[PDB]
There are 2 protein chains.
Amino acid sequence: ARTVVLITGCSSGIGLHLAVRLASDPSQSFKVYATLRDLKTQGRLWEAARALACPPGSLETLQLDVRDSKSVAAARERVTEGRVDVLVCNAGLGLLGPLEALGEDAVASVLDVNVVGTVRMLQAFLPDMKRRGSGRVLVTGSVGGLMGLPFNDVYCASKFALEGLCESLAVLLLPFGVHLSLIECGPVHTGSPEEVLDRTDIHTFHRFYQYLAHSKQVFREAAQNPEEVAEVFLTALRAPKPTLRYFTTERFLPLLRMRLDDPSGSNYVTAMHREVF
Amino acid sequence: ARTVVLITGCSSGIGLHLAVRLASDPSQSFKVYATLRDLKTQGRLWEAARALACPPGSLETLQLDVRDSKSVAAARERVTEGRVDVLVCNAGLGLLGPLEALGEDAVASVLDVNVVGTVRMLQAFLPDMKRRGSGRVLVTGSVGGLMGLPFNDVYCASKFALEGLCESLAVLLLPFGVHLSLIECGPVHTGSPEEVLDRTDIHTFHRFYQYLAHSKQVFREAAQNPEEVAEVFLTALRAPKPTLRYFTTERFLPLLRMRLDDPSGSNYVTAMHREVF
Ligand SMILES: C[C@]12CCC(=O)C[C@@H]1CC[C@@H]1[C@@H]2CC[C@]2(C)[C@@H](O)CC[C@@H]12
Ligand SMILES: C[C@]12CCC(=O)C[C@@H]1CC[C@@H]1[C@@H]2CC[C@]2(C)[C@@H](O)CC[C@@H]12
């Protein structure tokens, strides 16, 4: 009857706002499983759910740790309807800093949550979709998945990885009737200094500050409401033939095109260096 | 005096051929540390070294496991010259199959060797390069880093990740005088069926066969000599101002451009589906 949606990473941000947008939809078309790594963070989702007056039974929370394939399987068994019509792979971690200041565990964690975590969800959920010959997968992407950003080396690695993962899968899934799309987000309004200085050189440290200053100004001028981003997920959801990629904004497309039409990377690296520094 | 080169993944392929090309250079400009995960595989490198008559002391082998930051640090201490002029990040794993048939450990291993392994090398070696204000980093890339290939979902994820990692770093390293370049390789002439069938559906299994058939024909028609690929690394090495990206072939550039100029991904996914299936 209803469209069953399971969303990862609902404790804040896009995931939180998408979950309550869908559950509160005036048409009541959606049953939403909002999943979270730590149940102690669920308060914010329930406060938003109340604000939007989600009908009882339109929204349920599950604990799901995308690092643990047992946790993934336990949450899938909790989908009482026995299918997922829309899977939204949104859990993700950022990681910001000079590459040599990043702990090895932090690097592996970002990769595990952002890439392997999405692999675990797709392994768990794609089979029943392929069998039914139907289902929609939406994956939260980033501008940092489409072009490299300084001091985001590992975050960008992880978001570029989701691009390759999803594009590869889409080439195969086409004749199966299962549609996968990336939702490419720019900024969204959702170590300490001594720590970082201890792990890098003064010149890199200064470039980091410059990057942070520029980033803050891009964010204050350009950040989108998660309400507006969530509606782009909805657009993808309802598209009779969805495309592989949706963009939540036109903002970064000129930078992207400059990347796109000089494959040597020389124009992009130059332009981004000037843009930031 | 000599240009000190440390290359990862020298047991076969590009890494093996690049190592002996450099060590055997008639000019004797290069001292090469060819590194390998398992020393039992070093025979092939030494057979090639003899064939090309590398002078004694032009080539040394080190054991290096890019999964282990202690192994990385132990090999760096073995660079008797106390600097690395050229770091070649080439170790890599493939992974081929229906996504749901891939073991979780195999997925994590590919990511660890191909992405985190390269992060470990850059963390270990970039600091002294930035300090000197000089050094060249060359990273073995792939066509699968630039466009998604069906049944290579995790391999492509890993090779897309190297793109984001390197591009992000290049934006920063520009004013430091340290130059990083990807060398984008097409095919290079360097589970059992019951296993895979047990882990997927018959229809995906059949698409896998089709992909393998097409792949084999692309390889037989298009595979390059690693001798020819190694010379593209040399070109990058010697370029007074290197670009971010070198391509070893023009072959896949029409497919890439079609990807590049439809950001929605719709033309690429369609064209690649038709190309393979
Ligand atoms: C990381 C930031 C800033 C913080 C964030 O939420 C993600 C966002 C993605 C767009 C980036 C931006 C930093 C400034 C950049 C790099 C602009 O120059 C162009 C794209 C911007
Ligand atoms: C994985 C393969 C085949 C095996 C290999 O060594 C890597 C190589 C990269 C180019 C791929 C190719 C498979 C066939 C493809 C997908 C062609 O259609 C275009 C690019 C090709």
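Labels below follow one simple rule: chain letters A, B, ... track the order of the sequence lines, proteins then strands, and each chain is numbered from 1. Start at 1 and go down the list; that is how both ligands and their atoms are numbered.
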**Prompt:** By the name used in the PDB entry, which chain has the largest number of heavy-atom pairs within 4.5 Å of ligand 1?
**Reply:** Estradiol 17-beta-dehydrogenase 1
**Item:** Recorded drug, ligand 1
**Value:** dihydrotestosterone
**Request:** Return the other chains, by letter, having a non-hydrogen atom closer than 4.0 Å to dihydrotestosterone (ligand 1).
**Result:** A
**Request:** Identify, by atom number and element, the atoms of dihydrotestosterone (ligand 1) in contact range of A/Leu149, meaning under 4.0 Å from any of its heavy atoms.
**Result:** 16 (C)
**Message:** Suppose I only count heavy atoms of A/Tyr211 and a 4.0 Å limit; which atoms of dihydrotestosterone (ligand 1) are within that range?
**Reply:** 1 (C), 13 (C)
**Message:** Can you report which non-hydrogen protein atom sits closest to atom 12 (C) of dihydrotestosterone (ligand 1), along with the distance?
**Reply:** A/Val218 CG1, 4.1 Å
**Asked** A/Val143 heavy atoms, cut-off 4.0 Å: which dihydrotestosterone (ligand 1) atoms fall inside?
**Response** 9 (C), 10 (C)
**Asked** Which residue owns the protein heavy atom closest to atom 13 (C) of dihydrotestosterone (ligand 1), what's the atom, and how far is it?
**Response** A/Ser215 OG, 3.6 Å
**Asked** Which NADP(+) binders in chain A, per UniProt, sit with a heavy atom less than 4.0 Å away from dihydrotestosterone (ligand 1)?
**Response** none
**Item:** Other ligands and ions under 4.0 Å from dihydrotestosterone (ligand 1)
**Value:** none
**Request:** Please provide the UniProt active-site residue in chain A nearest to dihydrotestosterone (ligand 1) and the shortest heavy-atom distance, rounded to 1 Å.
**Result:** A/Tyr155, 6 Å
**Message:** Using a 4.0 Å cut-off to any heavy atom of A/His214, which atoms of dihydrotestosterone (ligand 1) qualify?
**Reply:** 14 (C), 15 (C), 17 (C), 18 (O)
**Request:** Look at atom 7 (C) of dihydrotestosterone (ligand 1) and say which protein heavy atom is nearest, naming residue and atom and giving the distance to 0.1 Å.
**Result:** A/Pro187 CA, 4.2 Å
**Message:** Could you walk me through which residues contact dihydrotestosterone (ligand 1), taking a 4.0 Å heavy-atom cut-off?
**Reply:** A/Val143, A/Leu149, A/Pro187, A/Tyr211, A/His214, A/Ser215, A/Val218, A/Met272
